[PDB]
Asker: 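Okay, handing you the structure first.
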Amino acid sequence: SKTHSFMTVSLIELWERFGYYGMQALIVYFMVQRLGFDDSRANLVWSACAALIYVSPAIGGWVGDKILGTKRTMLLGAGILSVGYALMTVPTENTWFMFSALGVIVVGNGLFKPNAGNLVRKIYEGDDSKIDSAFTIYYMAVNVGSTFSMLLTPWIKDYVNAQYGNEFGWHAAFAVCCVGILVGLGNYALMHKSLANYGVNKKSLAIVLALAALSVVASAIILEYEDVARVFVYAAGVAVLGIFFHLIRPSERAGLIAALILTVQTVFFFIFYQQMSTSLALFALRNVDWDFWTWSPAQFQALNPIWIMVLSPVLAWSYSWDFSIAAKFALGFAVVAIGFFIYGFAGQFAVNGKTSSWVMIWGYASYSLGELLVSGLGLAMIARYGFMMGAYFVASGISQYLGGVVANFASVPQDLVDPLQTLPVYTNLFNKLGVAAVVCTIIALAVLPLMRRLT
Ligand SMILES: C[C@H](N)C(=O)N[C@@H](C)P(=O)(O)O
Ligand SMILES: [Zn+2]
């Protein structure tokens, strides 16, 4: 009976991320192509949205576990997400229409993501090794879903734009997101009834919905106003750095210092990882050309889940059987390093103004493999000496915005359309970032003896 209970929760996650990534691939292009955003702001706005999205399940996790139901909060978040993309199907209107929609997605995410995952931790089966195996199948469930989205939505965006100019076009794609949610939540979520935590308090339901609407407003204001989010992130940074400042204040130092390095490396990693949704997505837009009527530049992001699915069974194959396998951080950075250098040396070979189509295929292959290697991100993994549920998680949220400030180094002015000139600024970033990625590789191994010391 464990199988059925896991199958449903996995299918809802599949369609949820279908809608989510189906939106992610296109949103930054939407701000640039349909709306008139410059890559500078487009990167910042999307990256602040990502920061909020990452940091969202913090509040909502506690909501489903202590305030309302786990299954109920999950279902609620899914409906909120549904109305989130529902808001994305209306034309242009005030710019504030989108920011609000994003804010709704923020809130929806926070109520779905942690609880849907909590169910997998609970049912099938609960306090067993099976959990780790389960979360991998669940991990794959995301990748299969986000595949069909990141391939269909830009294709539907392109196709509908050809039949009817501007509207729906992009909004047709956002409607695809919407109906995806209405497919997962609309079917699978009510097909089975599994046991959760609370199982509804109307006073608590109300106070939650009110605060959720308010959070949509507050998110919209941080997204629209560039400087506001900048201050919000800065404040969050002084916060995280302060917590670590109090934690370190002889024997505990061996773990804490290591954790401090780990968290910053995690921060570093998220920076690299955001590039593909930002700067690398923009680089790919200034090269729609594809060899391998199709194929759209946003479709390049789909390489990520596709590569993960094909490299996963390769990595699971192990001849081993030990301890301090934190060297996988270094390898990861190292593999990310050459990935960026692929884009770095893209300007040299295969260029007709600005070409290199396969450069994205092999590049993303390297990104996905590096992401695959740093799977043990766990906040408890760094906690060897317990304020990591905050400081670390928040730091990992802050980093998402930092990825946009780093993407901004490759921001092409709106008046610059000549691909022969856009190419170098992108490669110069990618060539720099690869080098920076080697620096972390060194960092990861320099901190290795500190992991050897505590054990
Ligand atoms: C599909 C994508 N590569 C992925 O696995 N994402 C998970 C880490 P998330 O959907 O929880 O961010
Ligand atoms: Zn170089």
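The chain is numbered in sequence order, starting from 1. Start at 1 and go down the list; that is how both ligands and their atoms are numbered.
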Asker: For ligand 1, which of the listed compounds (tacrine, propofol, clavulanic acid, alafosfalin, phenacetin) is correct?
Answerer: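 The compound there is alafosfalin.
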Asker: In this PDB structure, which macromolecule forms the chief contact with alafosfalin (ligand 1), named as in the PDB entry?
Answerer: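 Per the PDB entry, the chief partner is Proton:oligopeptide symporter POT family.
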Asker: What is the listed source organism of chain A in the PDB?
Answerer: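 The organism in the entry is Shewanella oneidensis.
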Asker: Considering only distances below 4.0 Å, what other ligands or ions surround alafosfalin (ligand 1)?
Answerer: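 Other ligands or ions: none.
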Asker: Enumerate the residues contacting alafosfalin (ligand 1) with a heavy-atom distance under 4.0 Å.
Answerer: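 Heavy-atom neighbours of alafosfalin (ligand 1): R17, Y21, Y139, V142, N143, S146, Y273, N304, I308, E371.
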